[PDB]
Student: 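Notes on a complex, darunavir with Aspartyl protease.
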Protein chains: 2
Amino acid sequence: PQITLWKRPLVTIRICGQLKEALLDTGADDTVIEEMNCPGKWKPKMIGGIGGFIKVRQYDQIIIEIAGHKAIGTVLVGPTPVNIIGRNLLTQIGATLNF
Amino acid sequence: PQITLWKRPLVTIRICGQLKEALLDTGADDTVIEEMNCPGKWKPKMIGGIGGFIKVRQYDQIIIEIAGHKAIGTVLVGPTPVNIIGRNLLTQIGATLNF
Ligand SMILES: CC(C)CN(C[C@@H](O)[C@H](Cc1ccccc1)NC(=O)O[C@H]1CO[C@H]2OCC[C@H]21)S(=O)(=O)c1ccc(N)cc1
């Protein structure tokens with residue numbers, strides 16, 4: 001599909017059996033998902049943006065479906081105000097920015 | 001151009017006379033640039049990102065060239081970790097996400 005940018009580029013994702021809304025974010029290196037009790041081993045991480053840093057849990061090889069496209073990779077879980085699909089998974093669903 | 005997302009989507013911009021590197025950021029509503037000298041009037045504002053809120057100077061109707069494409073619009077100037085081109089200007093240059 002083609003997504004114009006008049007509005008936030010939100011899509012439906014499925015992660016750990018739950019449907020969520022997430023922002024397709026070319027400015028994010030990594031995918032960051034709102035706090036949820038996913039199973040699996042993790043490593044702590046700090047990620048920084050406007051305002052400073054948040055502490056997150058880094059999970060590797062997590063399966064996510066994004067707007068119907070399957071993906072698998074690193075997902076950071078923590079107190080983000082929005083769910084963000086970053087470049088690590090955008091590349092897997094074939095996303096490009098065009099102008 | 002068509003921009004893939006293996007690497008950060010960095011471009012050269014010209015703003016208030018000066019060349020800077022900036023990140024094309026579909027997850028940003030607004031364009032936020034590091035502290036710099038711009039001429040003319042500004043309004044104090046706040047904006048929040050992943051780590052909290054910062055104070056910025058809002059400049060309106062600023063002429064800004066983005067990878068050779070013209071835009072004229074609002075720029076927030078303040079202590080951002082990365083210069084980001086948000087949707088307010090991405091729409092002006094005709095950017096879309098495609099997958
Ligand atoms: C600042 C960027 C270099 C990186 N950010 C992604 C960015 O797209 C965020 C993504 C974002 C979106 C909403 C809320 C928080 C963070 N947007 C953002 O800060 O935009 C601000 C400017 O416009 C406003 O519109 C949204 C918030 C304001 S980030 O959220 O801080 C971030 C950093 C590291 C990772 N792995 C993932 C995300």
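To find a chain, count down the sequence lines: A is the first, B the second, and so on, and within it residues start at 1. Whatever order the structure lists ligands and atoms in, that order sets their numbers, starting from 1. Hydrogens, waters and symmetry mates play no part in the numbers below; they use all other heavy atoms, side chains included.
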Student: Quick one: other chains with a heavy atom closer than 4.0 Å to darunavir (ligand 1), which letters?
Tutor: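 Other chains under 4.0 Å (heavy atoms): A, B.
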Student: Is it the side chain, the backbone, both or neither of B:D30 that has a heavy atom closer than 4.0 Å to darunavir (ligand 1)?
Tutor: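 B:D30 to darunavir (ligand 1): contacts from backbone and side chain alike.
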Student: Pick, from B:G27, B:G48, B:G49, the option with the minimum heavy-atom distance to atom 12 (C) of darunavir (ligand 1).
Tutor: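 Comparing heavy atoms across B:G27, B:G48, B:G49, the nearest one to atom 12 (C) of darunavir (ligand 1) lies in B:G27.
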Student: Specify side chain, backbone, both or neither for B:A28, according to which of its non-hydrogen atoms lie closer than 4.0 Å to darunavir (ligand 1).
Tutor: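 The answer is both.
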Student: Show the atoms of darunavir (ligand 1) that are less than 4.0 angstrom away from any heavy atom in A:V32.
Tutor: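 This gives 35 (C), 36 (N), 37 (C) as the contact atoms.
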Student: Record the part of A:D25 in heavy-atom contact with darunavir (ligand 1) below 4.0 Å; permitted values are side chain, backbone, both and neither.
Tutor: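 It is the side chain that touches darunavir (ligand 1); the backbone stays farther off.
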Student: Please state whether A:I84 comes within less than 4.0 angstrom of darunavir (ligand 1), counting heavy atoms only.
Tutor: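 A:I84: in contact with darunavir (ligand 1) (<4.0 Å).
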Student: Quick one: does darunavir (ligand 1) sit under 4.0 Å from the side chain of B:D29, the backbone, both or neither, non-hydrogen atoms only?
Tutor: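 Both the backbone and the side chain of B:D29 come within reach of darunavir (ligand 1).
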Student: Below 4.0 Å from any atom of darunavir (ligand 1), is there a heavy atom belonging to B:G86?
Tutor: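 Judged by the 4.0 Å heavy-atom criterion, B:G86 does not count as contacting darunavir (ligand 1).
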Student: Which taxon does the entry assign to chain B?
Tutor: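 The organism in the entry is Human immunodeficiency virus 1.
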Student: What protein heavy atom is closest to atom 16 (C) of darunavir (ligand 1), reported as residue, atom name and distance in Å?
Tutor: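 Nearest protein contact, heavy atoms only, for atom 16 (C) of darunavir (ligand 1) is B:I50 N, 3.9 Å.
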Student: Give the residue and atom name of whichever protein heavy atom lies nearest to atom 13 (C) of darunavir (ligand 1), and the separation in Å to one decimal.
Tutor: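 Among all protein heavy atoms, the one nearest atom 13 (C) of darunavir (ligand 1) is A:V82 CG2, 3.5 Å.
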Student: Quick one: what's the binding site of darunavir (ligand 1) if I count heavy atoms under 4.0 Å?
Tutor: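 Sure - by heavy atoms, that gives A:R8, A:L23, A:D25, A:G27, A:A28, A:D30, A:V32, A:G48, A:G49, A:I50, A:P81, A:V82, A:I84, B:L23, B:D25, B:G27, B:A28, B:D29, B:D30, B:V32, B:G48, B:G49, B:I50, B:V82.
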Student: Tabulating one pair per line, provide the atom names and distances (0.1 Å) for every N/O atom of darunavir (ligand 1) that is less than 3.5 Å from a protein N/O atom.
Tutor:
from: darunavir (ligand 1); atom 1: 8 (O); to: A:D25; atom 2: OD1; distance (Å): 2.9
from: darunavir (ligand 1); atom 1: 8 (O); to: A:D25; atom 2: OD2; distance (Å): 2.5
from: darunavir (ligand 1); atom 1: 8 (O); to: B:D25; atom 2: OD1; distance (Å): 2.7
from: darunavir (ligand 1); atom 1: 8 (O); to: B:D25; atom 2: OD2; distance (Å): 3.2
from: darunavir (ligand 1); atom 1: 17 (N); to: B:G27; atom 2: O; distance (Å): 3.2
from: darunavir (ligand 1); atom 1: 23 (O); to: B:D29; atom 2: N; distance (Å): 3.2
from: darunavir (ligand 1); atom 1: 23 (O); to: B:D30; atom 2: N; distance (Å): 3.2
from: darunavir (ligand 1); atom 1: 25 (O); to: B:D29; atom 2: N; distance (Å): 2.9
from: darunavir (ligand 1); atom 1: 25 (O); to: B:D29; atom 2: OD2; distance (Å): 3.4
from: darunavir (ligand 1); atom 1: 36 (N); to: A:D30; atom 2: N; distance (Å): 3.4
from: darunavir (ligand 1); atom 1: 36 (N); to: A:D30; atom 2: O; distance (Å): 3.3
from: darunavir (ligand 1); atom 1: 36 (N); to: A:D30; atom 2: OD2; distance (Å): 3.0

